[PDB]
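Among the contents of this structure: afegostat.
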Amino acid sequence: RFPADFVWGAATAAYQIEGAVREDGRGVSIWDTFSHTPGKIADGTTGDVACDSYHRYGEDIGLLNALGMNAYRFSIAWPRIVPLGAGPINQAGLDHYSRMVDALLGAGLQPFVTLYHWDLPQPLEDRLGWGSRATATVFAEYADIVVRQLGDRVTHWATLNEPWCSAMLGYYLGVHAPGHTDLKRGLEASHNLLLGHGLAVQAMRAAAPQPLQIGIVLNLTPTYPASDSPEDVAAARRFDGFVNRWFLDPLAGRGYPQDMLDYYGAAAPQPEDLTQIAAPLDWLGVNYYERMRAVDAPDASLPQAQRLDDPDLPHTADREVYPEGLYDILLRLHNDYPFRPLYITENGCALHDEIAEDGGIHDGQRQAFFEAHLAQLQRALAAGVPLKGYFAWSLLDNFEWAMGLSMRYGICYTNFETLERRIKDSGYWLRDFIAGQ
Ligand SMILES: OC[C@H]1CNC[C@@H](O)[C@@H]1O
Ligand code: NA
């Protein structure tokens, strides 16, 4: 059993589900630009329509209610709120989210709002985006405006989702928007994301009409050397630094990890910033999908660490399944780092889901995925980890970034042609598991 007041939710992000990309004054985001660039998305799709949740968030609410959830993690689209990124507000964007928040509260669903889930306004990108310190400042101003208007009703806020992705996939590996490919630009982006976050936490506390519970959401990948050789151990530490400690340590008031500063060398970004980054948080969100079993790869791009596949583990449509990594990473946070309480702000999986002849979606491996990770959460809780909720990624099938509409993570199936949603078997399992609490 979980605590009686445990938060039980599902998660989405605005660009992945909303559609209506030009409606009601919305500006252009980097993902509008990126998905409309030939060859950036695997299947030729965009977020232009997606799940049409701009218009259909009522149906999404109906799903959450049918699942017996008590919370919904979703993001606010910065391009709807300040269409030019730096500039005037768009009250019609704020009013949309206001109505949505009221609909959620009316349904008994607590909103866990993400300010930034990757949809940087394009005019900011045109001035270097996360490569520019001014972007941090104006992110903080956006955070101020949203909290002034919604913070009477929404207490739980996350500044960023997965700054590692925004910086390293967006500016270093080039697979996410805006599609840059330079290490130094990636690392500069990571700094300005973190500064942005810190400036926003301060801004939000000053703007808020009541005390808030502010967090950040990080993807964390527990890393394990494939052997105990100095080479493989070092590769594990480098990957662990590249993904996890690079963000955890400055958030914790510890500066950037020195081993990584040494390794990155001249690519590393340029005390006062560090203080701001460490603005005290009320909680930390963990997004957990996979481990990294690392071998040294001296000829690879930094961090010169490659995955050693294990064919004996299960795999989904896109990842290796390793539930025990969730326990490991939570125990580490609890014992080694100062953030508390913690929320699992995402966990879930992608499969080749189809509507069967009976009308159901028989996604047994996703059911087994939830059951296995929830069992690891019970262990973590038994160890004293201060965990206060769990959000399944995703409420519904959606626009999965560079993989487009083709990679389905929902607990609900989305027919992208009709926009009809249907609960999958794993969604019914969650329903009935949550009810039994
Ligand atoms: O790839 C699965 C998910 C990982 N976390 C961020 C989400 O936007 C994404 O869909
Ligand atoms: Na498989």
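Here chain A follows the PDB entry for its numbers: 5-274, 277-443, in order, are the residues you see. All values below come from the heavy atoms of this structure, side chains included, with hydrogens, waters and symmetry mates left out. In listed order, ligands and their atoms are each counted from 1.
The parts of the structure that belong to afegostat are ligand 1. The chief contact partner of afegostat (ligand 1) in this model is named by the PDB entry as beta-glucosidase. With non-hydrogen distances under 4.0 Å, the site around afegostat (ligand 1) consists of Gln20, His121, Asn165, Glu166, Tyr295, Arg325, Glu352, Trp399, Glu406, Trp407, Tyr415.
Of all protein heavy atoms, the one lying nearest to atom 3 (C) of afegostat (ligand 1) is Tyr295 OH, 3.5 Å. Atoms of afegostat (ligand 1) found under 4.0 Å from any heavy atom of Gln20, numbered from 1 in the order shown, are 7 (C), 8 (O), 10 (O). The distance from afegostat (ligand 1) to the heavy atoms of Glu406 drops below 4.0 Å at these ligand atoms: 1 (O), 2 (C), 9 (C), 10 (O). Those atoms of afegostat (ligand 1) with a heavy atom of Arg325 less than 4.0 angstrom away are 1 (O), 2 (C).
Per-residue contacts place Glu166 under 4.0 angstrom from the following atoms of afegostat (ligand 1) (heavy atoms of the residue considered): 4 (C), 5 (N), 6 (C). Given atom 5 (N) of afegostat (ligand 1), the protein heavy atom at minimum distance is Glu352 OE1, 2.6 Å. Other ligands and ions with an atom less than 4.0 Å from afegostat (ligand 1), by number and name: none. For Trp399, a nitrogen or oxygen atom sits less than 3.5 Å from a nitrogen or oxygen atom of afegostat (ligand 1), counting backbone and side chain alike.
Counting the atoms of afegostat (ligand 1) from 1 in the order shown, those under 4.0 Å from a heavy atom of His121 are 6 (C), 7 (C), 8 (O).
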